[PDB]
Every structure is written in structure tokens, then in C-alpha cells.
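Entry with echinomycin: notes follow.
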Amino acid sequence: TXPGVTXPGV
Amino acid sequence: XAXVXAXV
DNA sequence: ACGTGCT
DNA sequence: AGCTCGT
Ligand SMILES: *C(=O)c1cnc2ccccc2n1
Ligand SMILES: *C(=O)c1cnc2ccccc2n1
Ligand SMILES: [Cl-]
Ligand SMILES: [Zn+2]
Ligand SMILES: [Zn+2]
Ligand SMILES: [Zn+2]
């Protein structure tokens with residue numbers, strides 16, 4: 001996720 | 001994550 | 001027939 | 001630790 005907590009996605 | 005039909 | 005991208 | 005689709 002995020003970043004943080006990429007995306008999703010990418 | 002892959003994009004081979006969707007590309008998410 | 002395929003896994004992706006930093007805080 | 002933290003998630004997501006179909007051409
Ligand atoms: C990207 O690596 C990726 C991996 N698995 C998935 C499953 C379902 C929908 C999208 C997905 N994307
Ligand atoms: C793209 O739509 C797509 C659909 N089905 C798949 C099955 C297995 C690998 C890649 C695929 N890509
Ligand atoms: Cl599926
Ligand atoms: Zn998979
Ligand atoms: Zn870690
Ligand atoms: Zn499917």
C-alpha cells in the first residue's frame with residue numbers, strides 16, 4: 001500500500 | 001501487478 | 001498467458 | 001507491514 005501501508009498497485 | 005490482459 | 005512497487 | 005485485475 002502507499003507507500004507506506006505502492007498503491008495498490010504500483 | 002503483471003500486465004499480460006488487465007494491468008493492475 | 002501473470003504477478004507489482006517504497007515508506 | 002501493506003494489496004490490486006482481466007485483454
Ligand atoms: C499484480 O502482481 C497482481 C497479482 N495478483 C492479482 C490477483 C487478482 C487481481 C489483480 C492481481 N494483480
Ligand atoms: C489478461 O486479461 C489475462 C487474462 N487471463 C490470464 C490468465 C493467466 C495468465 C494471464 C492472464 N491474463
Ligand atoms: Cl481471476
Ligand atoms: Zn497470482
Ligand atoms: Zn518487511
Ligand atoms: Zn480472471
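Naming convention: chains lettered A, B, ... in sequence-line order (proteins, then strands); numbering from 1 in each chain. In what follows, a modified residue is given as the parent amino acid, or as X, and its added atoms are left uncounted in contacts. Hydrogens, waters and symmetry mates are skipped; everything else that's a heavy atom, side chains included, is used.
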key: Ligands or chains of echinomycin   =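 Short answer: chain B.
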key: Chains contacting echinomycin (heavy atom, under 4.5 Å)   =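 Those with a heavy atom under 4.5 Å: A, C, D.
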task = Provide the name used for chain B in the entry.
result =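 The PDB entry has it as Echinomycin.
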